Asks: 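A structure from the PDB, with carbachol included.
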Amino acid sequence: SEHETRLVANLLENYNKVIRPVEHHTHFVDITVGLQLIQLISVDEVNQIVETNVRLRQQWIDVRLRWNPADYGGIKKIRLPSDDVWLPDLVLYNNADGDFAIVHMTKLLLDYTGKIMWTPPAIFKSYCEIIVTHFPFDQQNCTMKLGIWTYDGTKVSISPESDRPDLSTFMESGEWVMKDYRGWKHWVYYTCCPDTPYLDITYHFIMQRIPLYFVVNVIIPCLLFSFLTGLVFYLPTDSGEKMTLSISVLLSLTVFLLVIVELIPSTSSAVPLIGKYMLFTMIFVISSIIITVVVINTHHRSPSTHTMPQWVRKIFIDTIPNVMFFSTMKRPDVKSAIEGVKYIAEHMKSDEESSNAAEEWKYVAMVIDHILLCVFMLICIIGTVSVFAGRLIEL
Amino acid sequence: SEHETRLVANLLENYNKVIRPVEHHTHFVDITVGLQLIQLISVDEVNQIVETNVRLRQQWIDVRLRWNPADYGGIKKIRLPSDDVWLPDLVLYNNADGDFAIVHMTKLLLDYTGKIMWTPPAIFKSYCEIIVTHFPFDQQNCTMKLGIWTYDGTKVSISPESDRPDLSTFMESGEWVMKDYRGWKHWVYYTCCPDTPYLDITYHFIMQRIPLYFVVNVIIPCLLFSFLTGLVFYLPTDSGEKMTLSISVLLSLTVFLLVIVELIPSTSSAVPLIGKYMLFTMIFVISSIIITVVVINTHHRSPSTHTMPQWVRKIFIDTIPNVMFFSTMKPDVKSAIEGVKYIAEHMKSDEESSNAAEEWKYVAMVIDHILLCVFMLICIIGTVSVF
Amino acid sequence: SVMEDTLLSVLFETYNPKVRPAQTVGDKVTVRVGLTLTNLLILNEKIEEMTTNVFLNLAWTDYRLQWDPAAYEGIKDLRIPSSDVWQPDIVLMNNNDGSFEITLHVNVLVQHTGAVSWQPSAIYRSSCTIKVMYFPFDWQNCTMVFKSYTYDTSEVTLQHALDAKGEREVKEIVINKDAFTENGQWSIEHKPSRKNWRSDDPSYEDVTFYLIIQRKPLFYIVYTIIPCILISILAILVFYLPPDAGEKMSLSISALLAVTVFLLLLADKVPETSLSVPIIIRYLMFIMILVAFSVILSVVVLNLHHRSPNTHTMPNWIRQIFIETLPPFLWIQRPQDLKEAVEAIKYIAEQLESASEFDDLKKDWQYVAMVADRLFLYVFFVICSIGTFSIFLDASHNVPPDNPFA
Amino acid sequence: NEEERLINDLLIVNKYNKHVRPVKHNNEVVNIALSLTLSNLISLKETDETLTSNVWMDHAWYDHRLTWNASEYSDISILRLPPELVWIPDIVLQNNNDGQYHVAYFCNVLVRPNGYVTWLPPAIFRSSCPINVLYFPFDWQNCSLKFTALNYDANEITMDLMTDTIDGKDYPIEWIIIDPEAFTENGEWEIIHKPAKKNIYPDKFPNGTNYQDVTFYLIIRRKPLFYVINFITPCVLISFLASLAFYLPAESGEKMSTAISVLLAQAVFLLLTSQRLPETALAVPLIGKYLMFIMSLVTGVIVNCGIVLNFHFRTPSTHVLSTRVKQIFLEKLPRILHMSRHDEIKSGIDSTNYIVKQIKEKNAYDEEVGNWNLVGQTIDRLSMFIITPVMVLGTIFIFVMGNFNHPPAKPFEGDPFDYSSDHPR
Amino acid sequence: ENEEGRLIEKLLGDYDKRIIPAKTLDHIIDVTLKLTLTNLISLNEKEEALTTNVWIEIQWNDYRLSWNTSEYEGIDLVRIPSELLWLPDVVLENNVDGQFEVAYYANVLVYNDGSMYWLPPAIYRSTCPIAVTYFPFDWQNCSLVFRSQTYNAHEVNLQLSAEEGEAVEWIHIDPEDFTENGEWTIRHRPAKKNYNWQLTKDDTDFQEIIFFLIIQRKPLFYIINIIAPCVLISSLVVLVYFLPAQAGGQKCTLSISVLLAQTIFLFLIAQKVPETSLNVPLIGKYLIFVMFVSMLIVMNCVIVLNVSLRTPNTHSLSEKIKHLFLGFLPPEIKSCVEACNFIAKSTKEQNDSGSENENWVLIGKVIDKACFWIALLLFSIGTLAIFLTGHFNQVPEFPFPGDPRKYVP
Ligand SMILES: *[C@@H]1O[C@H](CO)[C@@H](O)[C@H](O)[C@H]1NC(C)=O
Ligand SMILES: C[N+](C)(C)CCOC(N)=O
């Protein structure tokens with residue numbers, strides 16, 4: 001366009017982009033700042049950084065860039081490079097891994113009244129204080145704090161477009177749910193500098209994690225092994241395989257502990273409930289191994305060296321087996337030949353007595369296993385019901 | 001300063017930074033090149049890349065940038081942006097994952113006689129030939145080949161500033177120890193450009209690895225698990241746990257070998273001594289498992305289907321036990337009469353069969369004592385040799 | 001040449017590349033947008049982005065770049081650096097990184113009629129929403145959305161590119177056989193192109209290119225499915241072992257640990273979204289739960305086998321079910337010295353008879369265990385076969401539609 | 001310095017336009033002589049299917065505007081100019097992986113008084129290389145670097161392989177140049193062939209930029225000693241342990257544990273192998289095929305050990321030893337497999353008769369149990385003799401088929417030319 | 001009309017940004033540094049790099065950019081982009097990457113007397129050599145070294161910032177903008193000017209400003225998620241002394257499995273500590289100790305199993321051994337008669353053999369108990385000592401041990 005060529009030549013012929021767009025140095029530039037969230041790229045819980053794809057809409061008036069439409073063939077709007085005009089130096093205060101300011105100098109829209117709209121894109125990698133205490137049923141609240149860097153509130157003023165960031169074209173995450181989003185403007189006064197207020201706009205988003213992936217991939221196998229933990233008490237000692245089962249459960253839990261500790265950040269501000277519950281399950285398994293070692297020792301107790309104490313006999317044979325209703329427990333040379341038969345009969349009697357005492361020991365071990373099985377099943381079911389305030393079983 | 005402003009305006013007025021700084025085109029620029037190693041950032045053994053933080057000191061004379069200090073208030077030195085003057089095009093020939101030339105265009109010191117001092121920083125990611133023969137006690141020798149790219153030796157000449165790189169401000173690595181470092185100048189003819197010689201300076205650093213991370217994390221558990229191999233032979237067959245122990249040791253050893261594999265490049269130039277020794281240890285462990293299975297099979301040999309050959313009885317029962325010293329080894333009444341006689345005959349047969357079974361068990365016991373003694377001999381000679 | 005230099009001096013004497021070419025105020029520039037795919041590099045399911053090597057075929061008309069060839073020694077077209085002329089800010093809108101613009105700025109081709117064609121190359125990384133339900137037997141629908149970042153429908157009019165003989169529009173991604181590398185993991189099923197508007201925004205218009213790609217699941221089959229099939233076979237086998245062997249727990253627990261390890265290592269390659277569970281993960285969970293039940297029932301069988309009259313009394317229902325009814329169905333049917341010596345013989349005979357009765361009752365318990373174990377074997381074989389076949393038959397009948405719908 | 005005057009005359013006085021082709025007439029064509037020097041084969045990442053190379057791109061063309069009379073100036077026979085002051089051809093690597101199309105360092109060009117411009121910039125190129133995993137780790141790959149001219153069509157510039165002189169006759173340089181003074185030999189990959197071809201696609205037109213290219217090929221063979229020592233040997237040994245597990249007696253109680261542990265180790269090796277290859281479905285790798293076969297065979301071994309254990313623990317109380325199985329596994333097979341081999345008196349009489357009867361019944365029961373033991377021993381001996389030869393023959397066949405895999409000694413099957421530096425055509 | 005326009009056009013007219021604004025030949029520019037930490041992003045142990053989000057405050061005087069406020073309607077402060085002015089090339093020297101300069105080149109505040117105030121933000125990744133001796137109860141002493149990349153001590157005089165006459169010798173932490181790391185606690189944050197006395201007032205490396213960050217790790221996460229499971233699993237070795245010493249007792253199973261779990265934990269620790277070889281981490285020392293102990297217990301289990309399963313066929317029970325381990329540490333009638341006599345004799349011999357085996361079992365049990373009492377003490381003492389010296393690793397009271405000052409505002 002010839003008219004637009006002449007107009008662009010006239011607009012920038014004596015225009016200094018270093019100078020603020022005010023008619024008097026006393027006045028301030030009024031900038032309307034709107035944040036549009038396009039996509040939540042990631043939430044890095046370990047590194048505590050949230051990456052978002054945004055557009056930073058900024059509107060202000062530049063009276064040096066106005067013209068009469070009748071003098072230019074009726075042109076009312078033109079597109080100008082953002083590098084040609086004065087721009088606000090809007091900086092993300094809580095930047096963690098990206099750029100502080102806008103780096104994609106896209107074109108801007110200029111009206112004949114001097115009104116400018118500029119909506120550059122950005123990838124904001126902001127710091128996010130991750131609250132890993134209800135993982136993976138946690139909700140996150142972390143923000144993006146925007147402000148003019150080198151100008152105070154008396155030189156450049158920023159105001160939000162609306163109370164909330166724009167999520168009209170937001171792309172659904174699949175890992176997080178936007179519960180709430182809001183934008184608050186703040187006036188900050190420092191004791192150094194009473195006459196200069198410092199403006200700031202903070203946008204915050206409430207993210208609710210969708211827990212299905214972590215549930216299926218982590219929690220269910222942990223629950224499976226935790227439930228198999230108490231099954232060692234139904235395994236008879238004569239099988240000689242209790243240690244195999246118990247230790248295998250322990251090894252699986254230590255592998256899953258490795259997985260969990262590589263899942264979450266290493267901050268000690270709050271103890272994750274998943275880590276605490278995993279430690280509790282490990283204590284559970286260790287106590288199970290200890291008490292099943294005690295049971296194995298009791299089962300193989302030799303009657304020759306150990307005699308059953310009377311209290312043990314009373315407790316584990318006279319009163320407890322009656323309690324369990326659901327169990328199926330039970331509650332010349334002819335002389336030499338003569339003394340040979342004598343000896344055989346006497347040895348069989350001694351063998352019978354020793355076997356009876358050994359069977360008493362085995363019965364005591366069996367009763368201990370039944371008590372432990374009932375207790376451990378009850379504990380496991382109560383525990384699995386009461387985790388994450390029951391949100392696991394509710395899911 | 002007004003004097004310095006006028007001086008800089010005057011120096012770069014008719015200056016053309018495309019031309020070489022020579023009075024006559026037949027002369028050559030002499031550039032004193034010095035390397036200063038600030039930090040050995042990393043040594044990537046798998047990828048064979050060494051990343052260092054260096055400062056590349058370069059000196060030459062530009063006769064076009066002379067001035068009289070008396071005419072400019074006694075100014076004798078100024079600082080100029082590198083982009084304003086002619087610079088040598090030094091290139092790291094063996095660049096691998098970085099920049100060939102200097103990218104940090106810092107300011108350079110210009111003297112009133114025309115002498116120029118320029119020490120830009122750089123991150124050199126050079127290619128390094130990793131010799132894994134003695135890992136993790138290996139020393140590495142890999143270099144930095146720097147030369148002028150587009151100018152031959154008759155136009156731009158480079159000379160080393162010192163015989164060695166400058167490591168005065170070197171940050172200690174914590175993984176490597178600089179044993180030796182030196183810089184050599186070479187005259188090279190390339191197929192591209194066979195008429196004239198191209199100059200280069202090669203800086204090499206002899207760095208010795210500190211073997212504590214890998215001794216603790218790799219070697220020590222490997223020794224712990226390989227020592228458990230000999231315990232299988234002292235374990236009696238009646239325990240029912242020989243195979244469990246031997247197989248667990250084998251699995252742990254193969255896991256550690258696979259971990260070792262991940263710490264070295266996939267090059268087939270040389271086999272690491274650690275890898276070869278782990279392979280030999282696995283071969284020994286598997287042979288021990290073979291002999292353990294043979295011992296277990298022998299211990300349970302039924303005399304009904306197996307009779308001990310004379311060549312076994314003569315050697316394993318009469319020869320070795322006398323040799324090995326440190327061990328502590330070695331009407332209807334007639335029916336009743338016929339029944340008791342049958343019982344006595346059955347005791348005959350059972351006692352004889354049990355005697356043969358005990359002979360087989362004794363053979364198995366002497367076999368695994370022999371193997372245990374062999375293992376102890378290997379362990380003793382190995383620990384004496386290493387010391 | 002000298003004449004080309006004269007033509008360039010004449011053309012760009014007052015040409016401003018910042019101004020959209022509109023000969024009269026209100027005119028719209030027609031921009032034809034096409035895409036050529038040279039290589040589908042990656043479809044990263046973890047971060048949900050697609051990396052492609054593409055040519056962006058753009059064509060428009062600039063009335064300011066017009067000349068008469070007869071006045072310039074018959075020059076009919078020029079190659080001009082792309083920065084010297086106005087171009088529309090045609091960018092990939094749904095990029096995953098911050099890269100909106102092209103990578104390679106090739107010369108534009110300007111004809112004497114003002115027609116400007118531009119084919120820059122780029123390495124685009126565009127966000128793709130992965131549907132994880134049928135992974136790894138899945139097909140994906142990855143889109144590339146192109147539009148002018150600056151100008152709206154009031155300033156430019158996006159259209160489809162033309163073919164070599166410029167008579168018909170090409171409403172699809174162009175693939176050149178001479179320059180195209182097959183991915184080897186994805187096969188392209190459909191590659192249509194379409195223009196999209198928004199009913200709530202009359203100034204919006206883009207050209208979207210769709211890549212309907214189907215995964216080739218051989219890698220996942222070989223490295224995950226067959227090993228888990230062997231593990232499930234072992235989990236069925238554990239019910240054929242006799243309880244006396246002492247290796248029932250070893251087999252069942254080893255199978256469980258193996259399948260758990262396979263699940264953990266496969267959790268690396270699957271996407272981390274929580275909208276659905278992939279068919280491979282569902283199969284792994286089914287196998288893991290089946291092996292856990294195998295462990296539980298093996299423990300139960302071992303407990304039954306090791307009972308004795310000194311400890312348990314067989315209830316009536318166990319005897320009725322496992323001794324009498326099931327085995328037919330399962331085909332698993334089964335001188336004072338003389339006086340004292342006489343007394344000693346009496347004692348020995350009584351001991352032998354008592355031991356025989358005790359052994360008979362123990363044998364009854366062991367037979368109950370054997371029958372229950374055989375029943376578990378049949379039940380687990382049936383469940384494993386049916387579940388595995390059902391899951392993989394469901395996964396097999398997942399193909400992209402014949403109509404791309406776009 | 002007369003170089004300043006010469007450069008000012010060439011670039012400023014003559015009004016050198018950097019954006020115009022070096023042709024005296026618009027219908028002429030610029031000839032670009034192109035060659036590649038490989039200084040280091042940095043890596044070949046199979047998972048990423050990327051080849052990283054350290055190369056020197058050699059360009060040579062004629063610019064009639066950069067000609068001067070060497071006698072009018074001082075005897076200046078050569079000149080160095082930055083590439084941003086003169087016209088250079090934009091030759092790009094079309095099949096790159098990252099967004100790096102051009103060279104890394106824009107070094108000076110060299111100009112002669114007759115206008116012969118030479119440009120030798122270094123570059124790090126990351127190209128796409130499809131990986132043929134069929135014979136891994138005994139495989140060879142065929143990587144290529146395809147260079148196109150996207151700034152001008154085939155009617156405006158013509159790409160060519162650079163020529164060379166040996167005795168006054170010109171021959172094209174139809175290979176990648178390897179300078180012994182500037183080449184480092186990769187420890188993992190050995191270069192077998194390295195041809196260069198100028199390809200024309202007649203289905204396209206000289207109208208555009210897809211009509212021509214220059215491609216440099218690189219047929220490289222992997223050195224498999226590393227993988228043979230570190231991956232294949234432990235797997236083979238652990239696999240052989242499975243067949244050895246048939247020799248353990250059933251009374252030991254460790255047959256199943258041994259076989260299962262072998263299977264688990266094989267699974268670990270399979271997973272680690274999976275970690276090292278791209279997820280392509282063109283073929284299953286040779287080591288992958290061996291691992292799958294060996295895991296299937298070890299599962300068969302586990303099943304058959306379970307069957308042997310089931311047979312060993314049978315009793316007359318639950319099972320009957322039929323004549324068919326008795327004669328099959330106790331008569332025929334052991335020979336085929338060459339396997340080894342006043343009322344007090346009456347009460348006392350009644351009690352001892354009862355004792356004798358019970359002892360006789362116990363002896364018969366033990367005899368039946370021993371027969372079942374012998375049946376189990378025959379079964380697992382037959383199992384060993386059947387499965388261990390299959391195992392060893394399969395291992396040998398698989399790992400000999402891979403070792404008999406070589407590059408075809410001539411690239412471009414239909415072309416008899418060797419494309420080697422020692423015999424130009 | 002904005003008078004700033006003509007004022008800036010006057011100031012930057014005839015202004016060379018390449019010239020250090022030294023009024024005379026001997027004039028030395030005083031450059032003032034002040035560091036404001038807003039967020040300690042991370043301390044990457046593997047690469048030994050500290051990532052911080054800081055604002056660096058740089059002040060100097062440029063006599064060229066001074067004006068008379070009465071001539072410009074009282075304007076006494078303008079903002080000029082930093083690209084247009086002379087700057088002191090203050091860079092972070094100990095950076096892991098090549099990032100010497102600031103992330104964002106903000107505007108410079110220029111006062112009418114020539115005072116320049118530059119406050120650019122930066123994401124700095126500095127080298128921090130990590131001491132691993134007391135992992136995870138360790139504290140680190142990280143440093144940020146600032147110096148001029150161009151000018152030596154004869155041209156620029158780096159100094160710390162001073163407000164109210166008192167120099168700010170610490171890293172400033174503004175409550176209005178600061179977030180605690182949650183893993184690292186900042187104990188000391190002193191700042192000082194350092195000299196390299198091996199160099200002269202030339203060489204550009206003579207002087208520097210160093211900001212120190214003595215940060216203590218919070219070990220509660222590491223305790224709960226690594227140390228407690230490791231101790232709990234390692235304590236299981238002593239249970240092998242109560243299992244029966246026979247087939248089905250599973251002593252070696254338990255022992256070897258605990259050893260394997262400790263190996264897994266060693267692999268886990270290898271992922272959390274740097275790969276330097278100057279010291280062994282404390283948790284690594286504990287893991288090596290417990291793996292050695294479990295190996296010794298495997299040996300003891302093998303010996304006890306060998307002792308308990310001995311028979312008269314293979315081994316003879318010496319009287320001295322028995323005393324030591326059980327006295328201090330704990331027609332037809334003739335045939336029928338012959339048959340009965342043999343039956344009795346055979347039964348007696350079998351019973352005696354069983355009794356000898358029982359004696360061997362008892363000796364094994366005695367050895368087993370004694371070794372248990374040794375092993376429990378060994379394991380408990382090792383655990384207590386190692387984690388007690390871990391718990392007694394205090395951060396030094398003073399930022400510099402020689403100095404008596406606290407370096408706090
Ligand atoms: C500044 O300007 C005022 C008025 O223009 C004048 O009186 C004064 O002398 C000038 N100089 C100073 C140093 O105030
Ligand atoms: C000399 N050499 C081969 C290292 C580089 C060649 O660069 C030129 N001369 O263009």
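First the proteins, then the strands, lettered A, B, ... as listed; each starts at 1. When a ligand or atom number is given, it counts from 1 through the structure's own listing order.
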Asks: List the ligands or chains that belong to carbachol, copies included.
Replies: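 Counting all copies, it's at ligand 2.
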Asks: Look up in UniProt the name of the chain with the most contacts to carbachol (ligand 2).
Replies: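 The main partner is Acetylcholine receptor subunit alpha.
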Asks: I'd love to know which other chains sit under 4.0 Å from carbachol (ligand 2), counting non-hydrogen atoms.
Replies: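 Chains with a heavy atom under 4.0 Å: B, D.
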Asks: Counting UniProt's transmembrane segments of chain B from the N terminus, which ones have a heavy atom closer than 4.0 Å to carbachol (ligand 2)?
Replies: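 On UniProt's list for chain B, heavy atoms under 4.0 Å occur in none.
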Asks: Could you identify the single nearest non-hydrogen protein atom to atom 7 (O) of carbachol (ligand 2) and state the distance to 0.1 Å?
Replies: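 Result for atom 7 (O) of carbachol (ligand 2): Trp149(B) O, 3.2 Å.
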Asks: Who's the nearest protein heavy-atom neighbour of atom 3 (C) of carbachol (ligand 2), and how far?
Replies: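 Heavy-atom neighbour on the protein nearest atom 3 (C) of carbachol (ligand 2): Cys192(B) SG, 3.1 Å.
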Asks: Just go through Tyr198(B), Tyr151(B), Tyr93(B), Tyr189(B) and tell me whose heavy atom is the nearest to atom 4 (C) of carbachol (ligand 2).
Replies: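 Nearest heavy atom to atom 4 (C) of carbachol (ligand 2) lies in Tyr93(B).
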Asks: Within a distance under 4.0 Å of any heavy atom of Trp56(D), pick out the atoms of carbachol (ligand 2) and give their elements.
Replies: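 This gives 3 (C) as the contact atoms.
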Asks: Are any other ligands or ions shown closer than 4.0 Å to carbachol (ligand 2), and if so, which?
Replies: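 Under 4.0 Å from carbachol (ligand 2), there are no others.
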Asks: Could you identify the single nearest non-hydrogen protein atom to atom 10 (O) of carbachol (ligand 2) and state the distance to 0.1 Å?
Replies: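 Minimum-distance protein heavy atom for atom 10 (O) of carbachol (ligand 2) reads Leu120(D) CB, 3.5 Å.
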Asks: Just wondering, what label does the entry put on chain D?
Replies: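 In the PDB entry, it's Acetylcholine receptor subunit delta.
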Asks: Which residues from the surrounding chains have any heavy atom less than 4.0 Å away from carbachol (ligand 2)?
Replies: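 The site of carbachol (ligand 2), heavy atoms only, is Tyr93(B), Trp149(B), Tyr190(B), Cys192(B), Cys193(B), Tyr198(B), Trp56(D), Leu120(D).
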